[PDB]
*Asks:* 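Here it is, the structure in full.
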Amino acid sequence: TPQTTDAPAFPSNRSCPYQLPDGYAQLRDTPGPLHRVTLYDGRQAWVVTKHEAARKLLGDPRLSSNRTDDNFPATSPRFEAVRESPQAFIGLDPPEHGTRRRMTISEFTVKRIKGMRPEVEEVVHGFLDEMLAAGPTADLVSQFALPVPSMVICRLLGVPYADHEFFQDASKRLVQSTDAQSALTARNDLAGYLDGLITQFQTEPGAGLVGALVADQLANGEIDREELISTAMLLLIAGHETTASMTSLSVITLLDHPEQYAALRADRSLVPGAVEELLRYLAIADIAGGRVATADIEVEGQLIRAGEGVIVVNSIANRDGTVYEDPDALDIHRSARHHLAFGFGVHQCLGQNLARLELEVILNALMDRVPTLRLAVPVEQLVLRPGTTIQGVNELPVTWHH
Ligand code: HEM
Ligand SMILES: O=C(O)Cc1ccccc1Nc1c(Cl)cccc1Cl
């Protein structure tokens, strides 16, 4: 009996850190905005696989971001045991989404990000000082990719970096949890820690976004204490797992495309466009694409019914050849404008301009200070995270001329 299905298992796992999974190239090539898939629990959902349709559906308020909905298209059991906790604004819809998001936007403006350049540059070069002084070989993830954005986001939040061993471990356990119990434990660890931080700010008002939320909105009853915890937790985790993943994956990708990496080193004005192309090409955050319909939506002759889960797969939409000519070619010189790596619409990544600053500083610093950087193992020996979490590698052995 043939095993062919019209609802393939989703998500798929990468076999090469920067290439579309084989099942995804098939979804990309099949006409139409939507395709049926089967999720880990056997439930069918839709995936959005085309670029303009993805923008349309991310902008449609009939596609709710509410994870507590029984029909939300969960791709693993990660959140099934944490539903008794309030959602951060990533899981809220208007009007609640905006009231919560607006409590945080002041920390992420273009002006604030510009003012953060000296701090980001100091942090990047400090961790490089230490890594290069110890000599090769090193794990780029633990020694550079993770600590840099962790220190930066901690200062933005008012989270003391002295606790980094504890919160970096809990963050990893939650983001990469494979069972509901391990996710619950990691989330509880972070929640109790952040709750104590709130009490400390109530005793001694202090700097950072958490301190600002405690002194203002919490003291006015405009955010619940547990919502503050969830918001701080989202910003802490997103603030260091996403950039760390982009750093390690960009290094792997650039070293696999040496002609472009050399062109990048010779003309640093190409760095901002290279970062956009790497964001498009590596598209690390498909796990942020889930939505649930609260009303019927007709999409080019296909019908999303109320109550159906829909996943906007931005990595596949970013390989739409009607937008990016030869979409599977890495080209740091191409226009990667309009990519969906950060989403689109009211939920478009709050941290996107901090991420862009960090990646530009990081790439320029690696080229300046470690021009002989190379991988210490073959690419095929790296262990890639599965499609049920943020894409990337947990370890990246590197060497250089000592
Ligand atoms: C480094 C590369 C990054 C990528 C690829 C990425 C990806 C994404 C995506 C695709 C979304 C959309 C979520 C949705 O539509 O449901 C999102 C939202 C969000 N991201 Fe980023 N992100 C990155 C960096 C960051 C950083 C550094 C922060 C800092 C805290 C951050 C904080 C957030 C927040 C708070 C949201 C929710 C926005 C909202 O719901 O209004 N992200 N991210
Ligand atoms: O959403 C998941 O399954 C993993 C997870 C856990 C805790 C906090 C955030 C995330 N995911 C996540 C991250 Cl780390 C960044 C941007 C968007 C999303 Cl959905």
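We number each residue from 1, following the sequence as shown. Because only heavy atoms are used, hydrogens play no part in the values below, and waters and symmetry mates are left out as well, while side chains stay in. Counting starts at 1 for both ligands and their atoms, following the listed order. For this deposited structure, the header notes the method as X-ray crystallography, 1.4 Å.
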*Asks:* Quick one: what's the drug at ligand 2 called?
*Replies:*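 Found there: diclofenac.
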*Asks:* I'm curious which macromolecule has the most heavy-atom contacts with diclofenac (ligand 2) - what does the PDB entry call it?
*Replies:*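 By the greatest number of contacts, it's Vitamin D3 dihydroxylase.
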*Asks:* Numbering the atoms of diclofenac (ligand 2) from 1, which are under 4.0 Å from a heavy atom of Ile287?
*Replies:* 1 (O), 2 (C), 3 (O), 4 (C), 11 (N)
*Asks:* List the source species for chain A given in this PDB entry.
*Replies:* Streptomyces griseolus
*Asks:* Run the numbers for me: atoms of diclofenac (ligand 2), each under 4.0 Å from some heavy atom of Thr242, listed by number.
*Replies:*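 Those atoms are 15 (C).
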*Asks:* For atom 9 (C) of diclofenac (ligand 2), which candidate among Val82, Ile390, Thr75, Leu234 provides the closest heavy atom?
*Replies:* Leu234
*Asks:* Which of the other ligands and ions shown lie less than 4.0 Å away from diclofenac (ligand 2)?
*Replies:* ligand 1 (protoporphyrin IX containing FE)
*Asks:* Checking contacts here: is it the side chain or the backbone of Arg78 that comes within 4.0 Å of diclofenac (ligand 2), counting heavy atoms only? Could be both or neither.
*Replies:* side chain
*Asks:* Of the side chain and backbone of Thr388, name the one, both, or neither that has a heavy atom under 4.0 Å from an atom of diclofenac (ligand 2).
*Replies:* neither
*Asks:* Considering only non-hydrogen protein atoms, determine which one is nearest to atom 8 (C) of diclofenac (ligand 2) and report residue, atom name and distance to 0.1 Å.
*Replies:*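 Nearest protein contact, heavy atoms only, for atom 8 (C) of diclofenac (ligand 2) is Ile237 CG2, 3.7 Å.
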*Asks:* Just wondering which calciol-binding residues from UniProt for chain A are within 4.0 Å of diclofenac (ligand 2), heavy-atom wise.
*Replies:*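 Applying the heavy-atom cut-off to the UniProt set, I get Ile287.
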*Asks:* Could you tell me, atom by atom, which parts of diclofenac (ligand 2) come under 4.0 Å of a heavy atom of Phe79?
*Replies:*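 Listed by number with element, the hits are 1 (O), 2 (C), 3 (O), 6 (C).
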*Asks:* Could you tell me which residues UniProt lists as binding heme in chain A have a heavy atom under 4.0 Å from diclofenac (ligand 2)?
*Replies:*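 Counting heavy atoms against the UniProt list, it comes to nothing.
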*Asks:* Less than 4.0 Å is my threshold; does some heavy atom of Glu241 fall inside it relative to diclofenac (ligand 2)?
*Replies:*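 Outside the 4.0 Å threshold, so no.
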*Asks:* Just wondering, which residues come within 4.0 Å of diclofenac (ligand 2) on a heavy-atom basis?
*Replies:*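 The site of diclofenac (ligand 2), heavy atoms only, is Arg78, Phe79, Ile90, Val175, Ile237, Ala238, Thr242, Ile287, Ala288, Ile390.
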